[PDB]
Amino acid sequence: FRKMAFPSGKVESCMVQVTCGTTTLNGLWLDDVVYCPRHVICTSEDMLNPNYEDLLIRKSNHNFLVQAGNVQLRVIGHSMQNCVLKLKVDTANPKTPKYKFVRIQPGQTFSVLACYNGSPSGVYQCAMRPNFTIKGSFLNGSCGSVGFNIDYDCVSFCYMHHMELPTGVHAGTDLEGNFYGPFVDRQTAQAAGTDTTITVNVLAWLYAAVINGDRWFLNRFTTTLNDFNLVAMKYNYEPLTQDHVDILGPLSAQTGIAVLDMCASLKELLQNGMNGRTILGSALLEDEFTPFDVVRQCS
Amino acid sequence: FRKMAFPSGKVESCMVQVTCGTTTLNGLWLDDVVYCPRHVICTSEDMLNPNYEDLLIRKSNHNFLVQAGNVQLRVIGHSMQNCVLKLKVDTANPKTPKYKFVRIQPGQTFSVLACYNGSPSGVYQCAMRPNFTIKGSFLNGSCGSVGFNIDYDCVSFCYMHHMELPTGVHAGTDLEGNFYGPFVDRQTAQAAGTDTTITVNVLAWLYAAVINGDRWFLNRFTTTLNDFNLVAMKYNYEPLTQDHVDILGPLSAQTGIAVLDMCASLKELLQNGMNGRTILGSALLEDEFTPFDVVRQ
Ligand SMILES: Cn1cnc(Cn2c(=O)nc(Nc3cc4cn(C)nc4cc3Cl)n(Cc3cc(F)c(F)cc3F)c2=O)n1
Ligand SMILES: Cn1cnc(Cn2c(=O)nc(Nc3cc4cn(C)nc4cc3Cl)n(Cc3cc(F)c(F)cc3F)c2=O)n1
């Protein structure tokens, strides 16, 4: 049981470089549109406090250099949708996959294709934290990198990377250009709200640990849903809903451990700590696996 | 600090499925040759004690079903090299990347493209353990999945997946079909050797912490390499090689911390513990990040 990302080939074929002046970052080339963060129109003075509509109206199509590998694409039009700039180019991407734009919910996961100057560099899994940040691995030049899920060869794009926060966590937008979270595309120190743990995911990962032959954390006790949620909230875990209990059904079915039995197990781990032991080789309670991620990998 | 796979597209367009009778697994299509585990020529009753020489003699080109998706690639020649079958097909793969076949050493990491019936399903980074297993994540139908590194658009293939072991770890070969470790391609109960901690990678991890300002564990001591190797084995850590000291060179230069000074630091952590302090926010020493991985991140 490992963190596993989707195969990234369908997305790699879509990554390009966008440059405006000296400012440069990654864009996503779908059919005859390149999507990228609007931040690319900013000079370094602009970045500190940008008025984007005002900066964009003073831009021309020829102010935009788009490179797909070694070839240049000619921008024939441009517009802005919230924090995303849409560059119309004169050539369709012939490797455009079947795709959708989706906005994911906190707790859901997606694969990140990290890119630098339009070249893909790595791929890994992230989750949308409950405070709408993600804990990724991004360096300078990764602006415009995208997150995505793939189901039956259709790519669902859900994240476009924008900035690193002072705490090292990451903030971005969906592909309509709305930020996840209360952030803005400005170069100024921004804090996130207090983060909490994705409870249903921790439960999924405990089930994974059982499917993989580890049970030291299980106990005899059971709890009620409300009594478990009291303890969870006390430890800054998100509440567990009855929908979450239902989503965990197959994993309870497969292992024969009732969900509220697993909750009783998690409750004790939260109160008594891990006492030095490890679950799936981790010393902390892992919360970036969804029930689907666990199912997809154990079956 | 995350485990990061290489982008997988160059390898995705090389994955095919190979079927013999009802036995089906994954193969790798490069130019006009498909490479796959020879275990594919086994029926159920052959997998326990297969006679690969006598099984290949009953076989003709027309016994091999090779498919890119649902498209058949006609097999025009077949031969065995160690534990991999090489199938000559009538079509050169137009998406063949610039590639090499390499044999990796324990501690080196690589990306695994897990596949089922010729269809990629996931990608993740693995380290080769000192007992020549990998802590993979593989389901049934993953035989023939490959592991790789990508350097400047060149794909270096280093691993082809064959089997899961009772302990739940995995074993395979290089792309010339030579197993890593003391395993053989039979459906027999084989046990991984006792594993050890990858010392060069723990050191890389310590350099990563120092680069990030987390350096409490640095001490005023130094050691010789032989002295350190003899003590590391007593804590079930791998001894360091001359090549290991050299790939730590860039990190040693970046931080100004001599490789042997960092060994003395680790030796002190081995003999006394972390005493309740963390390194990169962790109480445990990570050993699956190589020095190259550390600098890449
Ligand atoms: C350390 N880190 C982790 N993730 C990131 C992503 N990131 C980025 O890649 N680039 C940024 N600013 C730029 C500077 C440029 C210099 N040149 C020549 N071209 C540049 C292009 C960019 Cl985008 N930023 C900062 C940043 C980007 C934003 F989109 C934003 F709204 C606010 C910000 F403060 C950045 O975080 N770096
Ligand atoms: C759970 N798991 C994790 N890794 C693996 C890898 N693995 C595999 O995918 N398949 C195997 N045996 C086959 C059975 C088949 C049934 N049909 C219809 N077709 C089949 C093809 C194969 Cl390869 N094995 C077992 C195995 C494969 C070998 F190559 C070998 F030398 C010895 C072995 F015991 C397997 O481990 N499964």
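Letters A, B, ... label the chains, following the sequence lines from first to last. Using the numbering of the PDB entry, the residues shown for chain A are 3-301, in order. The residues of chain B that appear here are 3-299 by the PDB entry count, in order. Excluded from the calculations below are hydrogen atoms, water molecules and symmetry mates; all remaining heavy atoms, backbone and side chain alike, are included. Both counts, for ligands and for their atoms, begin at 1 and track the order of listing.
The name recorded for the drug at ligand 1 is ensitrelvir.
The largest share of close contacts with ensitrelvir (ligand 1) comes from the chain named in UniProt as 3C-like proteinase nsp5.
Other chains in heavy-atom range of ensitrelvir (ligand 1) (under 4.0 Å): A. As deposited, there is no covalent attachment of ensitrelvir (ligand 1) to any chain. Remark: ensitrelvir (ligand 1) atoms within the under-4.0 Å shell around heavy atoms of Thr25(A) are 19 (N), 20 (C), 21 (C). Geometrically, ensitrelvir (ligand 1) and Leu27(A) share no nitrogen or oxygen pair separated by less than 3.5 Å.
Residue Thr190(A) does not touch ensitrelvir (ligand 1), judged by heavy-atom distances below 4.0 Å.
Within chain A, UniProt domain annotation places most contacts with ensitrelvir (ligand 1) in Peptidase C30. In the PDB entry, the organism given for chain A is Severe acute respiratory syndrome coronavirus 2. Any N or O atom pair closer than 3.5 Å counts here, and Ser144(A) shares at least one such pair with ensitrelvir (ligand 1).
Taking only non-hydrogen atoms into account, the UniProt active-site residue of chain A lying closest to ensitrelvir (ligand 1), to the nearest 1 Å, is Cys145(A), 3 Å. Nearest protein heavy-atom contact of atom 35 (C) of ensitrelvir (ligand 1) is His164(A) O, 3.5 Å. The binding-site residues for ensitrelvir (ligand 1) (non-hydrogen atoms, 4.0 Å) are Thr24(A), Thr25(A), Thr26(A), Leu27(A), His41(A), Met49(A), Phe140(A), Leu141(A), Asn142(A), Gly143(A), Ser144(A), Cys145(A), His163(A), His164(A), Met165(A), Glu166(A), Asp187(A), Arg188(A), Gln189(A).
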